[PDB]
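Opening notes on fidarestat bound to Aldose reductase.
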Amino acid sequence: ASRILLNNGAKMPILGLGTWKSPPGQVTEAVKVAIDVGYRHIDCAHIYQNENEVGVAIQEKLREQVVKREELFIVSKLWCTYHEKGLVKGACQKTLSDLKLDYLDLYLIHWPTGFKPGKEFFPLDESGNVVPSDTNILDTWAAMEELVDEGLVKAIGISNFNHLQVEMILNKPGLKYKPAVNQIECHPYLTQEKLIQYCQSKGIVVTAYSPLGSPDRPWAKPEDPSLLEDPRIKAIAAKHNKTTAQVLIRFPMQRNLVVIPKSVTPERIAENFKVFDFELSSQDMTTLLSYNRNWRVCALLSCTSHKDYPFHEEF
Ligand SMILES: NC(=O)c1ccc[n+]([C@@H]2O[C@H](COP(=O)([O-])OP(=O)(O)OC[C@H]3O[C@@H](n4cnc5c(N)ncnc54)[C@H](OP(=O)(O)O)[C@@H]3O)[C@@H](O)[C@H]2O)c1
Ligand SMILES: NC(=O)[C@@H]1C[C@]2(NC(=O)NC2=O)c2cc(F)ccc2O1
């Protein structure tokens, strides 16, 4: 099936288009091509600095009646410098304005770590440490709940939350809305079995980011493992007459995950969507799972002393 049921009663497309690192002069065409070839979910964020341009594409396709607003599933994220109560609505409303939407289908807390508010997305001290905010995540969550009650967002969720942090929200006194989604890094080198089983056991849908191992990550090193070039994965793809990317996107689909590969390349955008026509065997799935090496693309390395840094914990 193309969509998965959320704990808010809405359906979320299991395949979406990622937009981190999509250049502002390429992303409008990338999103327009994506909608034309069947994507109905776009993953966005204010700190990707391209929401205006994503929005231009969405609006054109709504205007052209290629799609109806109800058929789209648009996701964005609250940056770390907006965890204060008083700043959450404005940050949401800036994203809405940029995307030229009157609601978000899903709004996520981008990281559990709050940072000092200001113009800087990564405010730094004299030695390069991130300057934290004393806001705690449960107060941030109440602010996210308010956004649902004001009709600005249909669902709220979290991202890069470890199991104890998901637990903290689930055990929040006075909890009004559970998180719908936890969006986390997930691929055959970071298989996330423990955290996925915890979230799914609680009715929280997991979204897999960097599913192709983010080859365009700004900090890529030559010595790093490459999913797209791993002969073992290429062999599975060749057996199925699919590309390696296509196996990497179908893998999380069969774990009941949502997945959000990024591309600005028209041919790759179309390719990446043709993953509903084949199935990986359970053996293929267990084999892909065996490649785990707890390798992360996104480790937020400037925030390792933050009290809420999520990746000291095993999971
Ligand atoms: N919540 C968070 O903290 C968080 C963190 C990281 C990512 N995300 C979200 O997850 C998305 C996906 O992650 P990501 O951007 O890190 O990386 P990714 O989707 O794993 O990899 C994107 C890279 O793969 C290339 N690519 C795409 N399709 C390909 C194909 N069929 N064959 C060969 N190469 C292909 C893209 O190239 P071209 O673009 O040049 O075609 C780009 O260089 C992001 O864009 C963002 O929306 C969220
Ligand atoms: N260092 C990290 O782990 C993250 C990853 C990350 N990518 C992403 O999609 N969400 C993120 O927060 C990101 C994106 C940026 F635009 C700038 C920094 C950045 O850092």
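One is the number of the first residue; the rest follow in order along the sequence. Just so you know, ligand 1 is whichever comes first in the structure, and atom 1 is the first atom listed for that ligand.
- Mapped onto the model, all copies of fidarestat cover ligand 2.
- Residue, atom and distance of the protein heavy atom nearest to atom 17 (C) of fidarestat (ligand 2) are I47 CD1, 3.7 Å.
- Checking only distances, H110 does come within under 3.5 Å of fidarestat (ligand 2), N or O to N or O.
- Of the protein's non-hydrogen atoms, the one nearest atom 5 (C) of fidarestat (ligand 2) is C298 SG, 3.6 Å.
- Ligand-side atoms of fidarestat (ligand 2) in range of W79: 12 (O), range being under 4.0 angstrom from any heavy atom.
- Between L300 and fidarestat (ligand 2), a contact under 3.5 Å exists for at least one N or O pair.
- In terms of protein heavy-atom proximity, atom 14 (C) of fidarestat (ligand 2) is closest to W20 NE1, 3.3 Å.
- UniProt lists residues of chain A as binding NADP(+); of these, a heavy atom under 4.0 Å from fidarestat (ligand 2) occurs in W219.
- When heavy-atom distances to fidarestat (ligand 2) are checked against a 4.0 Å cut-off, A299 comes that close only through its backbone atoms N, CA, C and O.
- Within the structure, the closest approach of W111 to fidarestat (ligand 2) falls below 4.0 Å when heavy atoms are considered.
- The protein heavy atom nearest to atom 9 (O) of fidarestat (ligand 2) is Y48 OH, 2.7 Å.
- Closest UniProt active-site residue, chain A versus fidarestat (ligand 2), heavy-atom distance to 1 Å: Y48, 3 Å.
- Using a non-hydrogen distance threshold of 4.0 Å, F311 does not register as a contact of fidarestat (ligand 2).
- There are UniProt substrate-binding residues of chain A with a non-hydrogen atom under 4.0 Å from fidarestat (ligand 2), namely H110.
- Residue, atom and distance of the protein heavy atom nearest to atom 18 (C) of fidarestat (ligand 2) are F122 CE1, 3.9 Å.
- Binding site of fidarestat (ligand 2) at 4.0 Å (heavy atoms): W20, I47, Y48, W79, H110, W111, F122, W219, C298, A299, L300.
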